[PDB]
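A short write-up of the structure that comes next.
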Amino acid sequence: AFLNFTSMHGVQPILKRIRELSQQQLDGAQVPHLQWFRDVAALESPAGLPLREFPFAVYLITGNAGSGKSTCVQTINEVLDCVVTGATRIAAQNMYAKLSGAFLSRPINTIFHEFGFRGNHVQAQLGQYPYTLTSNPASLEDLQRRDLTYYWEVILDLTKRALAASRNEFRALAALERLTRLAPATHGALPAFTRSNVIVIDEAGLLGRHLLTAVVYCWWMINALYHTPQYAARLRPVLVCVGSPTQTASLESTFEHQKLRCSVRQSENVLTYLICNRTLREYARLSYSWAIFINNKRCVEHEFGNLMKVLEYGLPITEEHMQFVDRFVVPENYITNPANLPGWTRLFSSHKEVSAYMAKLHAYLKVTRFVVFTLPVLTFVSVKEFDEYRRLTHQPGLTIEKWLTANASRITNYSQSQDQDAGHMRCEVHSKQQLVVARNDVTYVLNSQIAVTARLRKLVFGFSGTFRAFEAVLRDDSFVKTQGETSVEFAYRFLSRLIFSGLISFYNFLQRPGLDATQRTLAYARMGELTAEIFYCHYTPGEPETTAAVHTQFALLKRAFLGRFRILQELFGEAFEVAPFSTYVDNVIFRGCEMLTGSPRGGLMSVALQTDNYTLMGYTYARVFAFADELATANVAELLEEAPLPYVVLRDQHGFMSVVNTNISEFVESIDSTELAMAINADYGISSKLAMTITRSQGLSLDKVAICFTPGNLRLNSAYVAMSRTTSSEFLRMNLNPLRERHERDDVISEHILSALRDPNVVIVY
Amino acid sequence: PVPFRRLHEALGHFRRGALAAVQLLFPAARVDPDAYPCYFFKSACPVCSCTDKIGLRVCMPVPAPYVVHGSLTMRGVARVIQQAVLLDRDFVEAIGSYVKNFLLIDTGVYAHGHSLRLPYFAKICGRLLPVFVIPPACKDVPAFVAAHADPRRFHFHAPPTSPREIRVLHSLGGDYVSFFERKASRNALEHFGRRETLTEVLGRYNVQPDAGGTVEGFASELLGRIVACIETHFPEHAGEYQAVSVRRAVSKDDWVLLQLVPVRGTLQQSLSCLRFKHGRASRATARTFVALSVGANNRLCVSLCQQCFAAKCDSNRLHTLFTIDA
Amino acid sequence: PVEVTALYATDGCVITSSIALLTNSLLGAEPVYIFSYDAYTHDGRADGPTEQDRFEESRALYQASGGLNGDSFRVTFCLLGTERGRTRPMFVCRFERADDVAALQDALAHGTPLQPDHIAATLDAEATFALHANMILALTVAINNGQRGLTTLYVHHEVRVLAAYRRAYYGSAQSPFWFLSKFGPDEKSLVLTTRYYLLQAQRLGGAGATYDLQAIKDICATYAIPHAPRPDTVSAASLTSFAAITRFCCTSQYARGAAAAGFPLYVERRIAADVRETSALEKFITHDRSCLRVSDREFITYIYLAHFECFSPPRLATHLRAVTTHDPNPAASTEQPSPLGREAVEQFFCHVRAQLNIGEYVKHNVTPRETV
DNA sequence: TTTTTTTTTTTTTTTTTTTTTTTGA
Ligand SMILES: Cc1nc(N(C)C(=O)Cc2ccc(-c3ccccn3)cc2)sc1S(N)(=O)=O
Ligand SMILES: [Zn+2]
């Protein structure tokens, strides 16, 4: 209870600064006019673009990752007007989890959705036009023009789409006597940037510098077309950027269309841009607008903490540190051997290394004999696409397999796409629908804690747990809360159906060894006594579309099971509670990996969450029209009807089985400024969470970690990121000692935090 | 880059602060801080065309009747002067806007066998030449100027310039005794627990390092476990440490490093480096050590370490390969 | 003229039922359940109110026997919503007739739901439909592209009316279990924290207006007034619908007397005592940080050491035990002066003189060995 | 003996509802 105290009393100065930062009116002339964004649309190339200042404010919340910086965000949300966003979908869901654990937070989306990022922008040439900054000292106008030229192929499209959409909106209400506060409510589906000027971007170090200006730019857009009351009040955006500046980095990928060499360079993140740019540190006044959270809560060690301090603050590496980290070094052939460290996540510094490691363990488990099962993943290229693109690349000679030499990464979610063991691509022309299709096999493991990568639609088919676990679900109605408060009737219908379907399970437990004849006699006798105040008999299920029905018909079934669970719980003591209770709406038989959910009826249709830790179960086919929302896309929809698409089944933390949909992703990049839908990749998009790259590890914390370090490529920032993903130093093993080997340390942002920790106007929260 | 006048004023402030520190360190002396001669030399880099550093050397006569003895004693004198010059508001006000790191004095040039570049000499890029900061009440200016040219004024063990009494300051403060460090260490024990020293932990496994060859007593039985580890995880050099004798080399109070030189096969047969596979001769140019330390919940951690003489591995740097429990 | 701020939640969708109540339509109107309420009277003195004056006035307001003490009651019902205000009013009702106040005392001291008749016959149409009149106008303008107007807009486009009344008053009804979840498992929290954080924080102003729900729950946890047993021995977790939470809160003894009167004052007192010590400690922290001029490693050692030495778990526990109360009366409070800052200054911030152009750090470990 | 070439994130609009089983040469 005393843990929150420091945050509780130190976030108040933060709150008492963001308020004046958000309630500061700009001069009339400094407000970006609508005509500005009209001219931006007219401009074709980002060269004649006029030097235009877009005013903004910042407030920086830095601090160790997992330093509980979210308490500050929590206090901000419940006190201030704010639009909470996230740099990654995982981070956005993590903030939602930690904001709805205290009060109500509206669905937290990504900043990309907030400024209008759509599908076609994903693969867009974001680094093309040049800029010779008339700078040193770099004017803010020049920096903003650089960040708009960087994102010309995104800023221009956003401006054009927003502008050419037409005017009503707030313009209408404002003239009530010529009430815009009640305008976003009455006029719905309006962009969330029209109702607040405090934009919280969490884990903002995962965003490049180009985005910062972009966000501000977009803010003004969405407040100019709609003529928001904030625009009439001459308010300016304030970007509360929350993230770890020394545990997070942003990378830019460019693909050269002749060499087929996809390159990824390092970039300046928003945090580093704001901390280390003399122009932004003055305009935004970071000295009076910086909060550093300094405590590592999860950590409960002492020497582990000192090492984190020296690595994060750039302190000199001493002999004692070398001797401490010496106790973690385990051989190269010990980490890579799958027989060792079971259940420990293994980090490598190369995607090829992860592709090697995942394959060897697959062989190990398969030979030793979970189940190493094989599941189809396909691809769909088209003849016209690879005809025209080959024409435009100045090289019309290129084989399709050579097309898939590197664009397989750039055809779907990169993370799992380049970190999966898979077969040989069977690229066969299926031009029936004018197409050429590929076919490989992404072997998984059976019954492992896998994670959903992309956005999937979960369809819960039932619960495979214990009688006690299902009694708990009904008692607290936790399941109902996961579906949201606006549509509770749908959640109550399916639970009702389950209870009327799971009555047979009690009768199987009736056949349990070690029970007296009269013990079972009293069992069935109390079953009869409860039927007297209720045997399945012939209960009439179902209800009309009425709110009262799901609070009367369900109320009976909820009380029926609750009682029934608790009834036999007392009769058989702990044995009944631990007994496995499986409830499904259909005859579900699961021999080996293959499952069979018969014919679905879409009793409860929901959306799987990426953060939710699921468990791989098996690939039932049971073609559901719920996932078959297929409408190019129809040409492959016909083939998906042809070849039965397998729907992989996952088990959530509670234990409810959920059948999910597949994933489809486009590749559109070109060089002739002709973005055309080339290839759509149909696969599963699940990750093992057992092996990954250090760079991706930055995003999410891990329980047990074994780090495989490649010598020569040793960057102390990578070592710090890898070693900081786990709370306890006890469960940490490593290839070599990053402190004892030659390491390229880049301690430039470290001294900047140190000078920030050495400034009277910077607020440090313990 | 800095203007010379600001530098000269900062040097006057440095003279003031250093003389206060000297009159504090040597209490029975008489240092009038307006006549006591301090000598200054700057490295050539008017406009001080300094892009890297302003190389300075400050020479002070040790006031009579004192003589300082010991490397650590002058280390302490340097720390006192350094933390005394960053107290005078004039110095920090003058040079503070220019110094990126406020640390000015290096205290590692006083160990036995460590060299310091003399004034009136260059570096193989800057000939240290005097910069004259006359004492505010110097009664002989020409003498002060023609005092920078006398080697005695800039030599560590110069002849002191009819001695009745002489006071030898041969010891001052210790090392790692900062109040922040001593308070943090004490709070660590209160909140987290006692981490027993290496000697105490080794004493549990019947090792009393007071006598010679006692640590080798445990290193013997430890060799079998280490060899079993290597001939499983690192097999491509297996039959190399079958017969080796632990040779105690380095002894820190939390780090015992015993070399593993062999006799069998050849007396000088070098132990092939376990990592970074090299040629027949390049690989067999490495040394191996065993490191006993205290770790985890006070359990003796044994590490295998190597020192390779090849370019691929850090040359003459100690590396670790596996740490096993004991 | 006693004014009550009341948070309610009907059986189902409270928004639809409330709108139907405003339209005087007998189609959907679940009886109203009131489960948190703040009663206040306009202070007739310019600057007369003191802490004990406020405590006496409040203890008079919340009748110890049960209910309030006024003759006429203007009750402003509210929902969890945002305009940052934590609630939002929906409808206001006058209670001047004997039958009106009899129903209000019954529903305020016990928890029996207020039937649609009692409210519907007492809407202050001069102000009730005035609260949401601008929403009516905005809906008219939007759909184009008082009470008769509300009914007409109800008929014309139902979807947009419901969406507007759910975006505004955003939280509306969340769940019976949500309140028991986010406002502590204890009865003290469930009554007092729900009263303060929702219906008492922003109205009374003060620092507590800017404090979060977890902070307010912590303050309630240290508001450790004596605890009498529950006459029906009903546990706080035995509550399923709002008819149970409302009954728990209304017949509680943290709701109609001294504790209900001392909690708002204790929030202010605790924060004042805490900030007095913390702000002093941060003044020392910031000053020493700004003038340290030490090596990078020793700087980090100081900053972490100081934050520990002032805000360690033991020191914090002693401080929170020094602000815990055993009685709500401010003149009979058992809270005593906190030792946090004085202890922190005595041990660690007493060595600031060592780094004040004294050389006392040397004197601590000087060992001046000059052999003659 | 040179000798490489490492890592990431974003891509929405909703919650139900028409079933088919010999093919080849
Ligand atoms: C031993 C004693 N007990 C005090 N505690 C509880 C602490 O430091 C606790 C802590 C403080 C910071 C971190 C951290 C984590 C990530 C990166 C940097 N830092 C971890 C843990 S302080 C130390 S002391 N007095 O040696 O400085
Ligand atoms: Zn080597």
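A, B, ... follow the sequence lines: proteins, then strands. Residue 1 opens every chain. Only a part of the entry is shown; contacts are counted within it. Order of appearance sets the numbers: ligands from 1, and atoms from 1 within every ligand.
Present at ligand 1 is the drug pritelivir.
Taking the chain with most contacts, the partner of pritelivir here is, per the PDB entry, UL5. By chain letter, those with a heavy atom nearer than 4.0 Å to pritelivir are A, B, C. In this PDB deposit, the label for chain B reads UL52. According to the PDB entry, the source organism of chain A is Human alphaherpesvirus 1 strain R-15.
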